[PDB]
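Structure (with progesterone).
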Amino acid sequence: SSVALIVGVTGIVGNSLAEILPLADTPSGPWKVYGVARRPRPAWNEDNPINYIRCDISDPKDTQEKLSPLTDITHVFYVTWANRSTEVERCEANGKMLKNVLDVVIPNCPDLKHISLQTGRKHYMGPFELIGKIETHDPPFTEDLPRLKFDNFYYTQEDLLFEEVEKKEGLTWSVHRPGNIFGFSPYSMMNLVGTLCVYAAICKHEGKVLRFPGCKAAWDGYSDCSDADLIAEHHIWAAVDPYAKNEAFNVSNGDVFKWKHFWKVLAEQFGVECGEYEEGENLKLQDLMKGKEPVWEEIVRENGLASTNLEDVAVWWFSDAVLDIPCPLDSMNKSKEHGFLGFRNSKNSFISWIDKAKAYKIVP
Ligand SMILES: NC(=O)c1ccc[n+]([C@@H]2O[C@H](COP(=O)([O-])OP(=O)(O)OC[C@H]3O[C@@H](n4cnc5c(N)ncnc54)[C@H](OP(=O)(O)O)[C@@H]3O)[C@@H](O)[C@H]2O)c1
Ligand SMILES: CC(=O)[C@H]1CC[C@H]2[C@@H]3CCC4=CC(=O)CC[C@]4(C)[C@H]3CC[C@]12C
């Protein structure tokens, strides 16, 4: 039997992995699962049968303290990261966290088979501060083109991964580069669906229009996304498929869509009048939602929602980051050619994840 450690078990993928790994039909079942995070385990994470371990993996002491007893790890799913003001900062911060974790597990887990690291499409686009400002490789992005000549903590994290896995013979790795993730996690630092749901709710409550806070390319251009269950299935796939070992793979839903169409979906789900991209207006939810914490607190009190503060449930800057540029497509051909044929209907994905938020009473 095989034992997973999910590093970031309350994140938008960590939660998906917390729910899928213990399932019976999950490959290499039955799975023992350890799940790490910092905050006290929230209610929406309890419905999974995970061994919850509070640990701040930036602290080498706490990481040695919390993870060293875990003698029986077989697979590691790194589903976390730390944000800073400069990418160079992100590099050292995210290297240290990843290194803390690996430096403990590998010498302590004689059954450790695989280490599965999640980065993202920003590997091809450059960091936030530089997105849309640098010559990238022409999309669709394929996994084994050269890295950009700009610092990127995905690269730092990768080169680190490579070294560590050599300490244990037969230890093997995989890298997964999702696009924007449609998922569920009121704690995630990048939760597009979650943030968009709060917006619509606020709009419904105020009776205003669901205006579009994005650029024409996001409205009318092709976009794609990465369903969080699929991303979880993708982690599991490389962790167990020996012909996927030691490879980076994109993971996206297998289709495209336009926000002009999904916007109507978003509106209908919350009973709001759907707005439409207006020229030269460049709305920002970061600007448009300033000071709305009393309105949220009213929406919550009224509609019976769980006690959430929008700071947690709405990451405005990230919705802006997403909608304020055009969406470069990636390719799933390497994944498919290696056997990962999983996919998701993105429109159904969107509704599915809007509805999980409703179901957990995060939004109305
Ligand atoms: N989210 C997206 O849309 C998206 C899209 C593409 C790529 N990615 C990439 O995917 C990777 C994983 O990110 P994610 O989006 O899955 O993150 P996420 O949803 O915010 O999840 C982070 C998880 O790690 C935990 N955590 C935070 N700080 C920790 C620490 N010091 N020690 C231990 N646990 C800690 C969080 O819980 P606590 O805060 O309670 O500890 C949470 O469980 C990152 O490299 C990210 O860039 C994300
Ligand atoms: C519509 C649009 O522009 C979106 C859809 C795909 C998005 C990108 C997908 C990859 C990515 C990962 C992130 O963590 C945020 C920034 C970026 C770089 C996103 C910025 C905005 C994009 C390009």
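In what follows, residues are counted from 1 in the order of the sequence shown. Every number for a ligand or one of its atoms is a count from 1 in the order of the listing. Reckoned from all heavy atoms, side chains included, excluding hydrogens, waters and symmetry mates.
- Progesterone, all copies counted: located at ligand 2.
- In this complex, the main macromolecule engaging progesterone (ligand 2), as named in the PDB entry, is Progesterone 5-beta-reductase.
- At a heavy-atom cut-off of 4.0 Å, the residues contacting progesterone (ligand 2) are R121, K122, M125, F128, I131, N180, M190, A218, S223, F318, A321, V322, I325, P326, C327, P328.
- Between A218 and progesterone (ligand 2), not a single N/O pair is under 3.5 Å apart.
- Progesterone (ligand 2) has an N or O atom lying under 3.5 Å from an N or O atom of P326, backbone or side chain.
- The list of other ligands and ions under 4.0 Å from progesterone (ligand 2) is empty.
- What the model shows is no covalent bond from progesterone (ligand 2) to a chain.
- Taking every non-hydrogen atom of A321 and a distance limit under 4.0 Å, the qualifying atoms of progesterone (ligand 2) come out as 20 (C), 21 (C).
- Looking at progesterone (ligand 2), you'll find an N or O of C327 within less than 3.5 Å of one of its N or O atoms.
- Atoms of progesterone (ligand 2) found under 4.0 Å from any heavy atom of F318, numbered from 1 in the order shown, are 13 (C), 14 (O), 15 (C).
- For progesterone (ligand 2), the polar-atom distance check against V322 finds a nitrogen or oxygen pair separated by under 3.5 Å.
- Considering backbone and side-chain atoms alike, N180 places every N or O at 3.5 Å or more from each N or O of progesterone (ligand 2).
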Run through all N or O atoms in progesterone (ligand 2) and write down each protein N or O closer than 3.5 Å, as a pair with its distance.
from                    : atom 1 : to   : atom 2 : distance (Å)
progesterone (ligand 2) : 3 (O)  : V322 : O      : 3.0
progesterone (ligand 2) : 3 (O)  : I325 : O      : 2.4
progesterone (ligand 2) : 3 (O)  : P326 : N      : 3.2
progesterone (ligand 2) : 3 (O)  : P326 : O      : 3.1
progesterone (ligand 2) : 3 (O)  : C327 : N      : 3.2
progesterone (ligand 2) : 14 (O) : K122 : NZ     : 2.6

